[PDB]
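Report on the structure given below.
In this entry the chain letters A, B, ... are assigned according to the order of the sequence lines. Following the PDB entry, chain A residues are numbered 14-349, in order. Here chain B follows the PDB entry for its numbers: 14-349, in order, are the residues you see. Header entry for method reads X-ray crystallography, 2.2 Å. As the structure lists them, so they are numbered: ligands from 1, and atoms in each ligand from 1.
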Protein chains: 2
Amino acid sequence: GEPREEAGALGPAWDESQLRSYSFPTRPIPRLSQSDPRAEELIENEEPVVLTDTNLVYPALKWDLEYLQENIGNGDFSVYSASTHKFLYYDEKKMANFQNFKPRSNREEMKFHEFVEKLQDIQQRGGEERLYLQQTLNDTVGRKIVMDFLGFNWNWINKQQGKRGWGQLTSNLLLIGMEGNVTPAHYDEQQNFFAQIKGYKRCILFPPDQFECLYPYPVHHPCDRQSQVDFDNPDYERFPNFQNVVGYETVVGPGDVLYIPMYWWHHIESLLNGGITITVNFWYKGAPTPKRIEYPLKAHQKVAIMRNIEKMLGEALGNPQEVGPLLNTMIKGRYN
Amino acid sequence: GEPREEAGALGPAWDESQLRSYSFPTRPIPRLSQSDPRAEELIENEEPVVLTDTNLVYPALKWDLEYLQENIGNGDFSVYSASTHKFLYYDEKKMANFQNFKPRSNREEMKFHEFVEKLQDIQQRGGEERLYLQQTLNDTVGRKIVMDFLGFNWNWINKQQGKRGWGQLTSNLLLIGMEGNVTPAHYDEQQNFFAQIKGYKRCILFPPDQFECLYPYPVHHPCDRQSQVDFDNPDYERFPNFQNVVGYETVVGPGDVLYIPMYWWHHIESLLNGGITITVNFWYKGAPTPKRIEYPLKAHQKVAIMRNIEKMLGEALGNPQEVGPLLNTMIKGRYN
Ligand SMILES: O=C(O)CNC(=O)c1c(=O)cc(CCc2ccccc2)n2[nH]cnc12
Ligand SMILES: O=C(O)CNC(=O)c1c(=O)cc(CCc2ccccc2)n2[nH]cnc12
Ligand SMILES: [Mn+2]
Ligand SMILES: [Mn+2]
């Protein structure tokens, strides 16, 4: 809501002009201490919460481009490129299903200084071209970064994994972005802790029961799990229920950790004119489904049922492009 | 097409005024000898054919109400009743899913003479109330009927079952109806030989790829497999593709045998002012599906896929009434 004040009378951390304007209402995600019972209650009920004092990535709070470039080593890093502010990721494996899909984002491997220089050059000419670096925190990075990575609050996050009954830590991703970068609305099938390090990022989350308002791509499409709605220019004729969507909103800064529950939609943007952003994400496999299914189902279980129906139909028909026509055949004049 | 002539200059077997008028075009089903290779080719390709000389139910050609009443015995027979000419059958087991479904047909058990008398009484007062008797040909009927039943051309129909690779003979049903009786359009999941004995019945068949034009009820509805379209007063707003339906038509009389392939729609009506009708149906389980599935699929395989999706969805959601809403959720703004 109202912008927080940096310690030491350093002024507001951000102002309203750094947030993009959208067509839907939002309400705040709770900001709570990790020792607060309400925070544990929210995570257990699969609702989002911002924890302000986990110290989850404390040793990484000194990370910037200068520190990382000298200590991360001389390895190759995956840099994603976009022509606009919207980063449009896609699944290359599913490109065969949609021969007319034209990719808008592009990946490239380079050294860290190549990433820094291409970053600085774009800011110099102001070319509106934006970049996103993604890298796994393992032993392939330099020694000093490994020391920092080992210094994460593994005690806290291991206990969270234990208490919630989650599966194994799937991925631990370092994310470095440019001001204005937007990852459009999408949902994931894993639990996530979103650990902010440098700069500020506005996170807008939508519950799984907003499926009907957000219109995800077909499961076999390369943009599977992403919303088809252009938040900047929504097509109300194709997507009429986008007029009904309501989100949960928060701005996370250094030291904050946001819990993004599995199947929850999230739209993440780096604040305009806010400098670079650095985030470390942790993803965990969800807990195994309880063997005594309790009716009526939760929204996220209906999402999984719909995903499976689309998958099985694509295999049974021998061609995922026939999924749509058959589903319409099933419905028209029978269920609508 | 043109009405056939009875042997012995006995005049046309029927005239056009005995056929009900419908809104769709039709073309004739081939009438062929059972020794004709074309007939074997049609049955093997799952296309309908009228065989004129099988002698399948030859000993039953002397069956009428007087002969049957004296020789079928003093057992109970299932008599279905309808207020109009349309016999609206339903699955009582599925009535729990649709508490607002009101049955229009009614079943009652009675002696054969009770059936004859209630038949004659309705014709006397001309009450437009119509009846349909259904009974399995087994050893529970009288001795003389068993002799006749044993006299069917079991050699011919056993060889057909063998050649097509069909499963076991599921049911062998005696059907006695009144003039004007209509069994509305529906499809079955078994192979059928329709053996006409007394009177004439107009059979209108639609291929399985007419699913989209005939709008079957939801699988969990008591009228599962039946068309929702009132052929007498079609609702083109609810059922727009009924304007595109095209049928295969024939009038079968004594001695004729119609092959109704599995998943083919059929609408059967006893000719107006044509007297009672008598039919014996034979149903067989279809051949096991070939283990090497050949793409793209046949229409009837897509029907089975759609049926299974509706079934599994009803079980997964714990309530078949939620099938419709979820299917719409899956489709709207995504596949339509
Ligand atoms: O913070 C922001 O701006 C928003 N970014 C994201 O949500 C985000 C992301 O950045 C990176 C990955 C890749 C995760 C992965 C998958 C397979 C193997 C390794 C790693 N995913 N996956 C789902 N969401 C993301
Ligand atoms: O000739 C006409 O007027 C049209 N009639 C029919 O299509 C017709 C019929 O009459 C009777 C039965 C019941 C079959 C059955 C099912 C389970 C156990 C025993 C028997 N079916 N089933 C599917 N279609 C029929
Ligand atoms: Mn994500
Ligand atoms: Mn039938």
What's the chief chain around ligand 2 in this model, going by UniProt? Hypoxia-inducible factor 1-alpha inhibitor
If you look at ligand 2, which of praziquantel, phenolphthalein, enarodustat would you identify there? enarodustat
Please list, by chain letter, the other chains with any heavy atom under 4.0 Å from enarodustat (ligand 2). B
Atoms of enarodustat (ligand 2) close to B/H279 [distance to a heavy atom under 4.0 angstrom, numbered from 1]: 7 (O)
Closer than 4.0 Å to some heavy atom of B/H199 - which atoms of enarodustat (ligand 2) meet that? 7 (O), 23 (C), 24 (N)
Out of B/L186, B/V293, B/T196, who gets a non-hydrogen atom closest to atom 15 (C) of enarodustat (ligand 2)? B/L186
Name the UniProt domain of chain B that holds most residues in contact with enarodustat (ligand 2). JmjC
Proximal atoms of enarodustat (ligand 2) relative to B/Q147 (non-hydrogen, under 4.0 Å): 9 (C), 10 (O), 11 (C)
Do any UniProt Fe cation-binding residues in chain B have a heavy atom less than 4.0 Å from enarodustat (ligand 2), and if so, which? B/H199, B/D201, B/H279
Ligands and ions closer than 4.0 Å to enarodustat (ligand 2): ligand 4 (manganese (II) ion)
Okay, covalent or not for enarodustat (ligand 2)? And if covalent, which residue and atom? none
Identify, by atom number and element, the atoms of enarodustat (ligand 2) in contact range of B/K214, meaning under 4.0 Å from any of its heavy atoms. 1 (O), 2 (C), 3 (O)
Is B/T292 in contact with enarodustat (ligand 2), taking contact as a heavy-atom separation below 4.0 Å? no
Which residues of chain B does UniProt mark as substrate-binding that also come under 4.0 Å from enarodustat (ligand 2) by heavy-atom distance? B/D201, B/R238
Identify the organism from which chain B comes, per the entry. Homo sapiens
Name every other-chain residue that has a non-hydrogen atom under 4.0 Å from enarodustat (ligand 2). B/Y145, B/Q147, B/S184, B/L186, B/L188, B/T196, B/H199, B/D201, B/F207, B/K214, B/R238, B/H279, B/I281, B/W296
